[PDB]
There are 2 protein chains.
Amino acid sequence: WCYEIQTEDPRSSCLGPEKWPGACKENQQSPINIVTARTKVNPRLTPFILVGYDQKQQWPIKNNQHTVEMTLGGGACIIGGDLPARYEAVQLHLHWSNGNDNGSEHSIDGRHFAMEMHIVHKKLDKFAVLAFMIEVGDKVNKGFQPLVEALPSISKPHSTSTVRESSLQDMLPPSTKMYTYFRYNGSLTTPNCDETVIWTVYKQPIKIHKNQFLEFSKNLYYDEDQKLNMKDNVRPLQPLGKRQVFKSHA
Amino acid sequence: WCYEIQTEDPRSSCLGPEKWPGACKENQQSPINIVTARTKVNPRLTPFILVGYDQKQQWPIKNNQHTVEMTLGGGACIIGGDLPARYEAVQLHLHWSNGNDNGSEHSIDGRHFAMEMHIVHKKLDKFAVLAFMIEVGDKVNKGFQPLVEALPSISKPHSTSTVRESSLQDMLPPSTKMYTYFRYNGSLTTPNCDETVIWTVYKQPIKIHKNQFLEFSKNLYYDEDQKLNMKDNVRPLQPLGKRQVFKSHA
Ligand SMILES: CCN[C@H]1CN(CCCOC)S(=O)(=O)c2sc(S(N)(=O)=O)cc21
Ligand SMILES: CCN[C@H]1CN(CCCOC)S(=O)(=O)c2sc(S(N)(=O)=O)cc21
Ligand SMILES: [Zn+2]
Ligand SMILES: [Zn+2]
């Protein structure tokens, strides 16, 4: 299976979003477009208790042929946010493009951002995915620097590597900016699209420099022969269906 | 009013703990001695959501004649921990002595520590005071360094000063070590001893170097003439009464 951009090569052809295996065609798919003016408030949506996010250590990364995967291996844990149980951090990856206005899978009021980050948590419901919007800024983001530096070494798919001493916490916006977010039931945005995901999309975006952003498409490749750089690894908007989207603030 | 150590001077005499004004003689006073084997578990005692603890800024400090006060001025906020409402950080101070085994007001199983830190929060119940035990170690604590350096400048009572760029978070133990704590209703440990305090005492202590610890008694003074260094600003154990002490873990 692959994204639209990958089917463009006349030579060889795979299952683009249009033909992704069963379950991707179901009643409750992600991503969606959040219409703020139509979201219901739920007081219980109190900020997450972030455990293990302040720990500094080396992170094993790899190009999985679809994105840059960073293994968190249960080092972190999250509690609260009206979640049924406790979830642990498993992996972290991103979705991007070549512009600063159409690289995020989700969108808030018809607005797509530069990139979108996904921190996946397995139930210790089933998956609790925290999604952050990223926006290109005129200033460098020290928190993201460690991740950018390891990019040149994992160019081709399946390459393993490691990220220098860093902590998840420094990659997110301040704790005082994590009050406002959106909740809704959905699915994985890639096959097989298991509808066992509880989504939390935050309003405040993370700003990274234009040069840090360009490093992704420049160093990462989808193929072994390094003919197609990695970008546009984004799935198109899915119909809201009958689902209801909530927000933490009133 | 003053502590025992201050009444020792034959010249002049004030109200030692023995004669502290009304309310200090009531049915539910703090500190107490936590008997772990007799504490009741309460699942609701889930870890606090620490807001504004990750912010780095200059902190105004002053010797208030009873301890080293550090104004947090509502910069931080705490939510959860089965608290009735949200509380904001107002001030931070400490209680110590000259040894490493009898400077903490509270005690866990007949054991007193080197120092005890108190981060006071006003109700945005009434006061939510987080108490941390401090222990002398063989390694320096970078998180506490900023506070130690400002000590020499606030020797005499009522001296104002400022602490260099630092954050509350780096002064506490890791987030993964803040799972176990104790809850109980009590009062201020100094006059007038208002019984409007919800206490949270954490099990894991903060370790600081023996030299960092000695700086407190060496630089701080109770009096204008700097004849009596500051130490033993600790109130003696108060009877548990009929109160019940809970713990977050089972
Ligand atoms: C990118 C790799 N494709 C899947 C892989 N995994 C699904 C296997 C079930 O668990 C064994 S995953 O749980 O790590 C996960 S989360 C997302 S998303 N984009 O955050 O909606 C996609 C995916
Ligand atoms: C040390 C100064 N003595 C009081 C001052 N204040 C009580 C005035 C009521 O509010 C206006 S206080 O709330 O900042 C507070 S908390 C404690 S303790 N040791 O943490 O139990 C003592 C005190
Ligand atoms: Zn994703
Ligand atoms: Zn105190």
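All chains are named by letter (A, B, ...) in the order of the sequence lines, taking the proteins before the strands, and each is independently numbered beginning at 1. Order of listing sets the numbers, starting from 1, for every ligand and every atom in it. Below, all heavy atoms of this structure are taken into account, side chains as well, without hydrogens, waters or symmetry copies.
- Among all chains, the one with more heavy-atom contacts to ligand 2 than any other is, according to UniProt, Carbonic anhydrase 4.
- The molecule at ligand 2 is the drug brinzolamide.
- Other chains with a heavy atom closer than 4.0 Å to brinzolamide (ligand 2): B.
- By chain and number, the binding site of brinzolamide (ligand 2) (heavy atoms under 4.0 Å) reads B/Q91, B/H93, B/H95, B/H118, B/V120, B/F127, B/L188, B/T189, B/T190, B/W199.
- For brinzolamide (ligand 2), other ligands and ions under 4.0 Å: ligand 4 (zinc ion).
- Under a heavy-atom cut-off of 4.0 Å from brinzolamide (ligand 2), the UniProt Zn(2+)-binding residues of chain B that qualify: B/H93, B/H95, B/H118.
- Among UniProt domains of chain B, the one with most residues near brinzolamide (ligand 2) is Alpha-carbonic anhydrase.
- Judged by heavy-atom distance, the UniProt substrate-binding residues in chain B that approach brinzolamide (ligand 2) within 4.0 Å amount to B/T189, B/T190.
- Result: the UniProt active-site residue of chain B nearest to brinzolamide (ligand 2), with minimum heavy-atom distance to 1 Å, is B/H66, 5 Å.
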